[PDB]
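Structure with tobramycin present.
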Amino acid sequence: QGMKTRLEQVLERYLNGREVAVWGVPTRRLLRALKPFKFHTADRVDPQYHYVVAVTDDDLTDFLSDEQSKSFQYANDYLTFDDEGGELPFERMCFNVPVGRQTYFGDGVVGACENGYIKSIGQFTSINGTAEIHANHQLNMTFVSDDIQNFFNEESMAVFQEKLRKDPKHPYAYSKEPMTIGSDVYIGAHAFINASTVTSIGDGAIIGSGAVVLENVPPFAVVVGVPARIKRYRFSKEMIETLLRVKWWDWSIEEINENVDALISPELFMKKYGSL
Amino acid sequence: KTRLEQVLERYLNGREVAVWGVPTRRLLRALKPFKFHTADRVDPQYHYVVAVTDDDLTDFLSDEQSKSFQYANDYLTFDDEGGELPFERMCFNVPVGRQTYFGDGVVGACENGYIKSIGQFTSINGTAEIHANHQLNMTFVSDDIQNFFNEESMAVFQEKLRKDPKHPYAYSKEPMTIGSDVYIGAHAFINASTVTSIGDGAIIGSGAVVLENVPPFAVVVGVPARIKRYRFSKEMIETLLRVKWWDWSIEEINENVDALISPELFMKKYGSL
Amino acid sequence: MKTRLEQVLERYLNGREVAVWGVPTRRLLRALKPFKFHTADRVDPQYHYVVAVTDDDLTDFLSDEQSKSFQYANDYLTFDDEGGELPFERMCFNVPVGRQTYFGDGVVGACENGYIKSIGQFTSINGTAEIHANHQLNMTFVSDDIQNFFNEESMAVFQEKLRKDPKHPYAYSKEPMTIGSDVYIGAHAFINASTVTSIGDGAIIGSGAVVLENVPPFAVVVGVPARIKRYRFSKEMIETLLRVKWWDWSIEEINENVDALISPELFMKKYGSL
Ligand SMILES: NC[C@H]1O[C@H](O[C@H]2[C@H](O)[C@@H](O[C@H]3O[C@H](CO)[C@@H](O)[C@H](N)[C@H]3O)[C@H](N)C[C@@H]2N)[C@H](N)C[C@@H]1O
Ligand SMILES: NC[C@H]1O[C@H](O[C@H]2[C@H](O)[C@@H](O[C@H]3O[C@H](CO)[C@@H](O)[C@H](N)[C@H]3O)[C@H](N)C[C@@H]2N)[C@H](N)C[C@@H]1O
Ligand SMILES: NC[C@H]1O[C@H](O[C@H]2[C@H](O)[C@@H](O[C@H]3O[C@H](CO)[C@@H](O)[C@H](N)[C@H]3O)[C@H](N)C[C@@H]2N)[C@H](N)C[C@@H]1O
Ligand SMILES: [Cl-]
Ligand SMILES: [Cl-]
Ligand SMILES: [Cl-]
């Protein structure tokens with residue numbers, strides 16, 4: 001019943017008949033994910049024969065200081081286990097939340113993926129690890145608690161859950177669409193997005209540090225403050241829609257390199273793609 | 001007395017602890033008064049499974065063996081001092097009511113003597129923080145400078161700290177009482193030097209910085225925290241404080257679930273008249 | 001690049017054996033390779049330097065009755081605590097940190113990213129404080145890891161605009177930030193490494209404050225964004241504090257002026273300018 005690890009998705013694509021070399025104190029969840037593969041505790045490693053798996057980020061710090069690590073490419077030959085939110089060169093799943101290329105995030109939103117709060121996360125999105133995404137409890141009852149249900153019997157729970165499924169303010173993200181976090185998004189430190197009231201973080205939206213987001217963010221909007229407010233937009237409204245049609249975040253690696261000057265210069269991006 | 005110890009004193013029932021995960025020195029110290037082993041084949045009739053990390057419990061509950069293990073009754077996580085429980089428990093020496101949970105920041109607050117008790121059915125976000133102020137009336141704001149103080153220098157340092165009316169390090173003030181039916185959001189902050197109570201039913205929004213007492217059933221948001229609304233009318237707040245549903249038995253909670261679900265039904269039933 | 005533990009063992013081990021309290025990690029064994037270590041059992045400070053692997057391991061040790069004879073730093077230390085205070089000036093990565101100054105893992109990462117030039121003495125930084133920089137905001141994209149798809153030539157142009165940018169994305173083309181002495185920083189506080197270069201001596205950053213520019217010495221900043229609430233002392237006292245620099249005193253001098261450090265009024269009647 002174990003969900004598919006981020007490590008499992010990498011090994012499925014890059015192990016290539018090698019043996020996994022565990023770098024660090026192995027854990028029960030790691031051993032569980034490493035069952036269908038040949039693995040051993042790492043000593044002397046070779047990218048021809050071994051794929052290095054550092055258990056903790058502390059273990060990766062140790063591996064990347066070692067001389068043997070210089071022959072190992074990120075993702076292609078090594079990876080960290082305890083980093084479910086780490087970026088990848090391909091489109092992955094987090095639990096069952098699709099996550100695009102070069103998109104990383106922390107543990108608060110990994111849990112938000114587990115809670116069914118997020119529908120999907122786009123490409124090239126940078127989310128600070130300390131960002132958090134939680135829902136609201138019911139606000140229309142005599143109690144605000146959630147774990148009182150542990151004391152509810154079958155009859156008391158049927159009538160509790162029935163009201164939640166009808167609450168139009170979506171407690172615990174009920175009866176609402178899971179939120180989509182677009183591509184080219186930046187989320188600052190200590191940011192919070194209410195999962196009960198937000199369904200869309202637009203493409204290109206920039207959420208400032210310490211911002212509390214209670215509503216949808218328009219595409220390429222910059223929001224700051226408690227509560228978050230639109231301070232500026234990244235580009236004009238004509239480039240905003242042109243961006244939403246050109247969709248550079250879905251290019252190939254060869255196309256990204258072939259349009260580097262357009263990605264580096266928004267003015268040149270317009271002179272190249274803003275055809276009418 | 002650790003949280004695992006309080007459960008094992010209650011629900012182990014002569015079984016043997018099954019350690020799901022790599023054991024730590026502190027867990028090995030707590031499991032000393034019982035027999036234990038590394039979990040392989042587990043049966044809830046023979047074993048109480050104890051997951052070391054939250055990552056261990058996730059692996060255990062996804063195993064086909066956990067299908068007959070009940071929460072707290074048959075299993076528990078050791079590195080979850082702030083996890084909820086079906087009976088009133090102690091966090092260090094801070095009482096905590098039933099179905100109430102918090103994070104490690106609040107755990108350290110309990111350890112620092114900042115909290116007097118935490119009520120029933122209270123939901124505290126793990127990223128919530130509770131710290132006190134340093135001394136602000138002296139030439140230095142540092143605390144660890146006292147590590148360079150000798151026996152005579154700290155006699156006068158500690159002397160003025162306890163005289164300080166602003167309660168540096170929560171000095172000369174009652175510890176903080178967090179009521180029942182309380183909700184506190186993520187990244188919230190409560191100042192242990194200037195806050196003595198969070199009322200019953202109080203709701204602290206995410207990202208809110210609480211510097212003064214929150215009234216019962218008040219909804220506070222912002223930096224600093226300010227009251228945005230009250231949960232119920234004044235009359236229901238009076239009756240909610242006389243009834244105290246959070247102290248009901250499991251029986252009364254299930255019997256009056258209709259009153260717990262609808263505030264208006266609660267009002268006619270337990271209201272004054 | 002010595003660790004916090006390596007710095008302490010080179011100075012206080014004194015021919016003893018390090019006794020490891022807890023399950024040893026890969027990075028701890030590597031730090032302990034030049035020393036004589038073994039699993040802790042029965043420990044004596046005349047014989048052993050107890051090393052606790054995790055914060056959770058040290059709590060277990062100090063509750064044990066064998067810890068009653070050990071002293072902090074001199075006789076025991078925690079491994080996973082690069083931001084923990086020390087009774088001497090230390091090096092976090094390659095960032096000088098003053099005596100009795102502590103921070104959390106976010107600021108340790110800020111030292112690793114080169115965002116911090118130095119951190120003063122007797123500075124108290126909450127563990128949930130953060131110091132991150134801005135990505136480029138004058139481009140078509142805000143991503144950083146998109147550069148993992150950049151080839152050799154595209155990387156050149158990208159890195160070129162970054163060093164040209166006057167707003168200092170990723171703290172480029174700007175001086176690393178200085179954090180003064182006798183500074184306090186509340187929980188959940190954030191300092192932008194792209195636009196800040198100095199946290200003045202004696203500054204106080206209140207909880208939840210978003211500091212977007214330099215904080216003067218002895219100013220108290222709060223809010224989102226952070227603005228000056230008050231100053232700890234008068235303008236004349238700040239100027240005397242900046243010349244006296246009590247945070248550079250010897251342990252003897254600190255005790256000899258414990259009355260001047262406790263009462264600001266006594267500090268001025270003794271060090272105030274003529
Ligand atoms: N190191 C400096 C960089 O840090 C961040 O990016 C980096 C992220 O912080 C990294 O995040 C990793 O570390 C963070 C915690 O710091 C974890 O939350 C996250 N899941 C884990 O993947 C991620 N793996 C790589 C990415 N380029 C900043 N957004 C940009 C900055 O230049
Ligand atoms: N999983 C989704 C739910 O998460 C929270 O509740 C849950 C709490 O977050 C849980 O708390 C546990 O997990 C949290 C988060 O990591 C820890 O901070 C906490 N110390 C630990 O005890 C607790 N054990 C169960 C409770 N239902 C939300 N308040 C409600 C939400 O529906
Ligand atoms: N316990 C109560 C005290 O907490 C803090 O200080 C304490 C610091 O928070 C401690 O910092 C340690 O604990 C913190 C918090 O977990 C970690 O962020 C930090 N890396 C770790 O070194 C440090 N080792 C000791 C110092 N007296 C307050 N600043 C003062 C308060 O009286
Ligand atoms: Cl629920
Ligand atoms: Cl103290
Ligand atoms: Cl870069």
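We name chains A, B, ... by the order of the sequence lines, and we start the count at 1 in each one. For ligands, and for the atoms within them, numbers begin at 1 and follow the listed sequence. Technique stated in the header: X-ray crystallography, 2.8 Å. No hydrogens, no waters, no symmetry mates; every other heavy atom, side chains included, goes into these values.
All instances of tobramycin together account for ligands 1, 2 and 3.
What binds tobramycin (ligand 1) most in this entry is, by the naming of the PDB entry, Aminocyclitol acetyltransferase ApmA.
Going by heavy atoms, the other chains that come closer than 4.0 Å to tobramycin (ligand 1) are A, C. The deposit names the source of chain A as Staphylococcus aureus.
Within 4.0 Å of tobramycin (ligand 1), judged by non-hydrogen atoms, the site holds A:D83, A:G85, A:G86, A:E87, A:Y104, A:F105, A:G106, A:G129, C:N113, C:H135, C:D144, C:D145, C:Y170.
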